[PDB]
Amino acid sequence: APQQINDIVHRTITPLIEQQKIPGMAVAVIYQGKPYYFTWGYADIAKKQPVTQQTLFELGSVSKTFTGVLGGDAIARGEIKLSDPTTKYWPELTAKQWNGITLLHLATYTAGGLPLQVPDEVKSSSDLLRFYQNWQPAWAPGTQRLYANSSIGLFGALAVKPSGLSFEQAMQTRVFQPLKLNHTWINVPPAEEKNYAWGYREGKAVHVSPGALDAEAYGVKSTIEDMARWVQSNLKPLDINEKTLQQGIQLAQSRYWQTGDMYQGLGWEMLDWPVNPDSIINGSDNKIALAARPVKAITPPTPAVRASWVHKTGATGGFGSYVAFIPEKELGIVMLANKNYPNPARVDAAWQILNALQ
Ligand SMILES: *C(=O)[C@@H](NC(=O)c1c(-c2ccccc2)noc1C)[C@@H]1N[C@@H](C(=O)O)C(C)(C)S1
């Protein structure tokens, strides 16, 4: 790294680790397009295994960025349209409240109040159908945003149906492989288990539990190198050789809805750059992140704006992640930690680094 990058990163992240008691962390900065890596602490505290550039972390809800791009790619292939009713792709979904709810609504949390989590009691396919059939919207579609794993997760499952591929197979063949993300996984293979960090929640080593629509909402695991490659791809989609994938990246960074200073993409969320750091820092707090917020439709959606702060936070019980990038500046960061610590501390650290380098 240039010494400048080294210093800004270390003088930001070292205190963050100390204050939040994070056991292990990995950071990548993308600066003028090139990645620089940094690692601290432990992947496995009991086995004294350090964090390396090969360590897998649970991305949690950052997974949604992959789901949003995979959907984008399906739209670009002509397999699905965001304007399609949900019922086109799940004809068993006959309940009247679904009339008017499109794939766009599912993808952008605007279906009318689908809940944050799919209930833990949903264990099978018929349980899932029952859940969505019996869900009662609080709101008309396209009026309020309520962040929901059950919303984007269903989008993900539906989006891959016409391909005939499972979500995991579609993701591997259409996103991970073409982008050379060869250490990024929905299900960690045995060959990579020795690199799979433990997450830490109240001092206990934990991994994410199986759950309905986990793959689509929160189930990706990846290394700091692959995630830097993911930032590079989203920074410069027009360099990707796969046509539909290049377009799906763009579509995921299109602005569909606005609530305050924030625009909703497919998975990604965006703000105009330059950004007021109090907008993003405080906005990342979960009482704000997860609130019911009225949205304004952006009619038609604005294509990916290069002058944007594009970002996503994620957590599992044992991990905390953050990704942000600024396409106009060829600049981005990935922060992966094996403790779930507050979003505002992530975003503050990220902005401190990127603002210094900008
Ligand atoms: C994605 O990261 C989602 N995470 C979870 O639903 C989740 C949690 C959790 C942590 C904190 C509060 C509620 C749930 N534990 O295990 C899982 C699988 C959602 N996105 C996050 C984000 O940062 O956008 C949250 C914290 C808003 S929940």
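Numbers here simply count residues along the sequence, with the first being 1. Read the numbers this way: they start at 1 and go in the same order the structure lists the ligands and their atoms. Any value given below was found using the heavy atoms of this structure, including those in side chains, with hydrogens, waters and symmetry copies removed.
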Trainee: List the drug name recorded for ligand 1.
Mentor: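 Found there: oxacillin (bound form).
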Trainee: Can you help me out? I need the name, per UniProt, of the chain with the largest number of contacts to oxacillin (bound form).
Mentor: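 It has the most contacts with Beta-lactamase.
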Trainee: Define the binding site of oxacillin (bound form) at 4.0 Å using heavy atoms, by chain and number.
Mentor: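 The heavy-atom site around oxacillin (bound form) is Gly60, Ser61, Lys64, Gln117, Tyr147, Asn149, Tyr218, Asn286, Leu290, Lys312, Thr313, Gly314, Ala315, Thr316, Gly317, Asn340, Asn343.
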Trainee: Closer than 4.0 Å to some heavy atom of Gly317 - which atoms of oxacillin (bound form) meet that?
Mentor: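 So the answer, numbered in order with elements, is 15 (N), 16 (O).
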Trainee: Does any N or O of oxacillin (bound form) fall below 3.5 Å from an N or O anywhere on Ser61, backbone included?
Mentor: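 Yes.
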Trainee: I'd like to check whether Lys64 has a polar contact with oxacillin (bound form), where a contact means an N/O of the residue lying under 3.5 Å from an N/O of the ligand.
Mentor: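 In fact, backbone or side chain, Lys64 has no N or O that close.
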Trainee: Can you identify the residue and atom to which the deposited model gives oxacillin (bound form) a covalent bond?
Mentor: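 In the model, the covalent bond from oxacillin (bound form) is to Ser61 OG.
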Trainee: So, is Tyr218 polar-close to oxacillin (bound form), with some N/O to N/O distance under 3.5 Å?
Mentor: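 No, since none of the N or O atoms of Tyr218 sits under 3.5 Å from an N or O of oxacillin (bound form).
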Trainee: Which of the numbered atoms in oxacillin (bound form) are under 4.0 angstrom from any heavy atom belonging to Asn286?
Mentor: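 This gives 26 (C), 27 (C) as the contact atoms.
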Trainee: Using a 4.0 Å cutoff against the non-hydrogen atoms of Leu290, which atoms of oxacillin (bound form) qualify?
Mentor: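 With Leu290 as reference, the close atoms of oxacillin (bound form) come out as 27 (C).
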Trainee: Can you name the atoms of oxacillin (bound form), numbered from 1 with element, that are less than 4.0 Å from a heavy atom of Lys312?
Mentor: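 So the answer, numbered in order with elements, is 24 (O).
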Trainee: Which atoms of oxacillin (bound form) have any heavy atom of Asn340 under 4.0 Å away?
Mentor: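 Once the distances to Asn340 are compared, the set is 10 (C), 11 (C).
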Trainee: Considering both backbone and side-chain atoms of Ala315, is one of its nitrogen or oxygen atoms within less than 3.5 Å of a nitrogen or oxygen in oxacillin (bound form)?
Mentor: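 Min N/O separation from oxacillin (bound form) is below 3.5 Å for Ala315.
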Trainee: Mind looking up which residues in chain A UniProt says bind beta-lactam, and which of those have a heavy atom under 4.0 Å from oxacillin (bound form)?
Mentor: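 Going by heavy atoms, UniProt's beta-lactam binders that qualify: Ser61, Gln117, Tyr147, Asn149, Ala315, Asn340.
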Trainee: Which of the atoms of oxacillin (bound form) are close to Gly314, meaning less than 4.0 Å from one of its heavy atoms?
Mentor: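 Going through oxacillin (bound form) atom by atom, the ones under 4.0 Å from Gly314 are 2 (O), 23 (O).
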Trainee: Give the atoms of oxacillin (bound form), by number and element, whose distance to some non-hydrogen atom of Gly60 is under 4.0 Å.
Mentor: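 Close to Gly60: 2 (O).
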Trainee: Identify which residue UniProt marks as active site in chain A lies closest to oxacillin (bound form), and report the least heavy-atom distance rounded to 1 Å.
Mentor: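 Nearest UniProt active-site residue and heavy-atom distance: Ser61, 1 Å.
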